[PDB]
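Drug on board: cycloguanil.
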Amino acid sequence: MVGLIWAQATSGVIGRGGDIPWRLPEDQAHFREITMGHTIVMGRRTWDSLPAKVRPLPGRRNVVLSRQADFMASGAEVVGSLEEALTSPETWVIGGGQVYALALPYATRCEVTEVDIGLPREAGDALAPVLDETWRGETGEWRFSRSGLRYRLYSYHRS
Ligand SMILES: NC(=O)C1=CN([C@@H]2O[C@H](COP(=O)(O)OP(=O)(O)OC[C@H]3O[C@@H](n4cnc5c(N)ncnc54)[C@H](OP(=O)(O)O)[C@@H]3O)[C@@H](O)[C@H]2O)C=CC1
Ligand SMILES: CC1(C)N=C(N)N=C(N)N1c1ccc(Cl)cc1
Ligand SMILES: [Co+2]
């Protein structure tokens with residue numbers, strides 16, 4: 001099982017300037033619960049976005065994708081191809097935009113948080129992948145985050 005998990009603005013933006021232009025504690029907790037205990041695969045730029053004092057993310061096999069053969073990610077595995085990372089029963093690809101595009105053919109689940117923030121797409125933004133018509137989606141109700149933004153969870157599946 002390879003799943004993708006991301007939070008997006010309604011427009012599809014997931015990242016800007018190498019970081020994320022929101023933070024919903026409830027989404028962070030949802031992310032932690034879904035990934036805990038499993039492999040998490042991230043692109044090198046997403047690894048770089050984590051402060052050194054919080055990485056590796058605890059309780060998970062942290063894997064970082066890079067073309068740099070000597071890139072060191074203390075507390076993680078660095079691999080040069082996505083396929084090397086998919087050896088555990090449950091693997092979560094946790095971003096960013098480039099890595100979702102590479103991982104989509106291997107994926108059968110997407111856990112998507114939609115953040116009700118009006119954020120038009122800009123050059124250089126990281127975006128959510130486009131899910132075609134092979135994917136079945138299930139939508140939750142809109143909820144209010146303590147951060148002031150509404151959000152809702154989608155669970156997409158395919159065989
Ligand atoms: N809202 C959300 O849910 C999420 C948001 N984000 C945001 O997304 C942005 C980062 O996403 P993005 O900029 O797309 O970068 P990624 O996190 O996708 O990392 C890109 C890097 O991955 C490596 N890589 C890419 N393609 C390949 C390949 N074919 N083979 C080997 N290595 C490869 C390269 O590393 P190298 O350069 O070392 O070769 C490349 O620089 C940030 O803004 C981050 O905050 C991140 C995760 C989820
Ligand atoms: C916390 C956040 C934004 N939330 C969701 N739904 N999915 C992710 N992949 N996230 C994420 C987790 C870790 C990192 Cl480093 C970047 C984004
Ligand atoms: Co689990």
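Counting begins at 1 with the first residue of the sequence. Recorded method for this deposit: X-ray crystallography, 1.5 Å. All ligand and atom numbering here is 1-based and tracks the order in the structure.
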Give the place of cycloguanil in the structure, all copies included.
ligand 2
Help me with this one: what macromolecule has the most contacts with cycloguanil (ligand 2), named as in UniProt?
Dihydrofolate reductase
Name every other-chain residue that has a non-hydrogen atom under 4.0 Å from cycloguanil (ligand 2).
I5, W6, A7, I20, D27, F31, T46, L50, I94, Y100, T113
Does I94 reach cycloguanil (ligand 2) with a nitrogen or oxygen that is under 3.5 Å from one of the ligand's nitrogen or oxygen atoms?
yes
Shared residues: UniProt NADP(+)-binding in chain A, heavy atom under 4.0 Å from cycloguanil (ligand 2)
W6, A7, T46, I94
Any of the residues UniProt assigns to substrate binding in chain A within less than 4.0 Å of cycloguanil (ligand 2)? Only heavy atoms count, please.
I5, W6, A7, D27, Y100, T113
N or O pair under 3.5 Å between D27 and cycloguanil (ligand 2)
yes
Which domain of chain A, as defined in UniProt, supplies most of the contacts with cycloguanil (ligand 2)?
dhfr
For cycloguanil (ligand 2), which atoms have a heavy atom of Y100 less than 4.0 angstrom away?
9 (N)
Pairs of nitrogen or oxygen atoms closer than 3.5 Å, one from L50 and one from cycloguanil (ligand 2): do any exist?
no
For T113, the cycloguanil (ligand 2) atoms whose distance to one of its heavy atoms is below 4.0 Å
6 (N)
